Participant: 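What follows is a structure written as structure tokens; I'll ask about it next.
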Amino acid sequence: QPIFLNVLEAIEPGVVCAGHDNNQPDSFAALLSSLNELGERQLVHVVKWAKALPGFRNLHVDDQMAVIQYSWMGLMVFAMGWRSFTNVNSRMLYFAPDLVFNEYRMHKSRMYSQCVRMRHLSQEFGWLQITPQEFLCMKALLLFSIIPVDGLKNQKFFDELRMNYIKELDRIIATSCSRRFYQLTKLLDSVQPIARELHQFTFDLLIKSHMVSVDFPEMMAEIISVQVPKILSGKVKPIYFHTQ
Ligand SMILES: C[C@]12CC[C@H]3[C@@H](CCC4=CC(=O)CC[C@@]43C)[C@@H]1CC[C@@H]2O
Ligand SMILES: c1ccc(OCCSc2nc3ccccc3[nH]2)cc1
């Protein structure tokens, strides 16, 4: 019975620091390069985490890289909102212990409205009173929530895995159980429009980066110019539970 949860809680990654120098005055270039660095850092964890998920290693290996590459934004954002919820009560954006966005940093990052949506996301955990177990299952399901419209190499395996994760979440929930399931499914869905705003933003930023003194690490640069445009151009689409 508690085997699946045991794994989720066991493999949950720990604190990742951004490397940000809070002594330097908040500037758009500084704030954004630190996010990029954080992103690159958190990426390593996401890989090791994902490969340690129950059933994940039996996806086709190409599909293993692909789904990680399409879903990191949504994963990292959903986690951050959780950190923000548990650490600063959704009042600020707790990207890392060494990189917390107050109101001022939200403005300086030129990402204000996105940050507002992300804060809203964070406030939801409070609103819905999400248990940590619910959070871990939802976060794992997020990794199977976005795919090419033309299918993966072994779609069959993907579909079975995804179904198992959905039934895992149901179990963790269980009128009361019906309403509840609807809520987390709508909450999970709400992650995708936010991920997309961030995909749009980071892509525009990459294009004009040499122009605005904002550095991108190798893996971020690679992914944002090869994988993210597939999402933007509509070759990769998220899987929503409810019709938008
Ligand atoms: C993509 C990004 C750098 C990586 C950030 C991302 C915002 C969302 C986010 C939350 C995290 O906790 C990890 C870093 C990431 C993934 C940043 C938005 C603009 C910047 O380029
Ligand atoms: C191929 C496809 C999926 C696979 O597992 C998906 C993990 S879901 C799951 N939840 C469980 C809960 C209890 C016991 C076993 C469980 N398996 C394994 C091989």
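We number chain A the same way the PDB entry does; the residues here are 670-843, 850-919, in that order. The deposited model was determined using X-ray crystallography, 2.5 Å. Computed from heavy atoms alone, side chains included, the values below leave out hydrogens, waters and symmetry copies. For ligands, and for the atoms within them, numbers begin at 1 and follow the listed sequence.
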Participant: Name the macromolecule with the most heavy-atom contacts to ligand 1 in this structure, as UniProt names it.
Facilitator: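 The chief partner is Androgen receptor.
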Participant: What is the identity of the drug or drug candidate at ligand 1?
Facilitator: testosterone
Participant: Kindly indicate whether atom 15 (C) of testosterone is approached by any protein heavy atom to under 4.0 angstrom.
Facilitator: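 It does not; no protein heavy atom is within 4.0 Å.
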Participant: What are the atoms of testosterone, with element, lying closer than 4.0 Å to any heavy atom of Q711?
Facilitator: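 Listed by number with element, the hits are 11 (C), 12 (O), 13 (C).
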Participant: Going by heavy atoms, is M787 under 4.0 Å from testosterone?
Facilitator: no
Participant: To which UniProt domain do the majority of residues of chain A contacting testosterone belong?
Facilitator: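 The answer is the UniProt domain NR LBD.
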Participant: At a 4.0 Å cut-off, with the gap strictly under it, does some heavy atom of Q783 reach an atom of testosterone?
Facilitator: no
Participant: Relative to the heavy atoms of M895, which atoms of testosterone are at a distance of less than 4.0 Å?
Facilitator: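 Atoms satisfying the 4.0 Å criterion: 3 (C), 4 (C).
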Participant: Polar pairs, testosterone vs protein, N/O only, below 3.5 Å.
Facilitator:
from         : atom 1 : to   : atom 2 : distance (Å)
testosterone : 12 (O) : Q711 : NE2    : 3.3
testosterone : 12 (O) : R752 : NH2    : 3.1
testosterone : 21 (O) : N705 : OD1    : 2.9
testosterone : 21 (O) : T877 : OG1    : 3.0

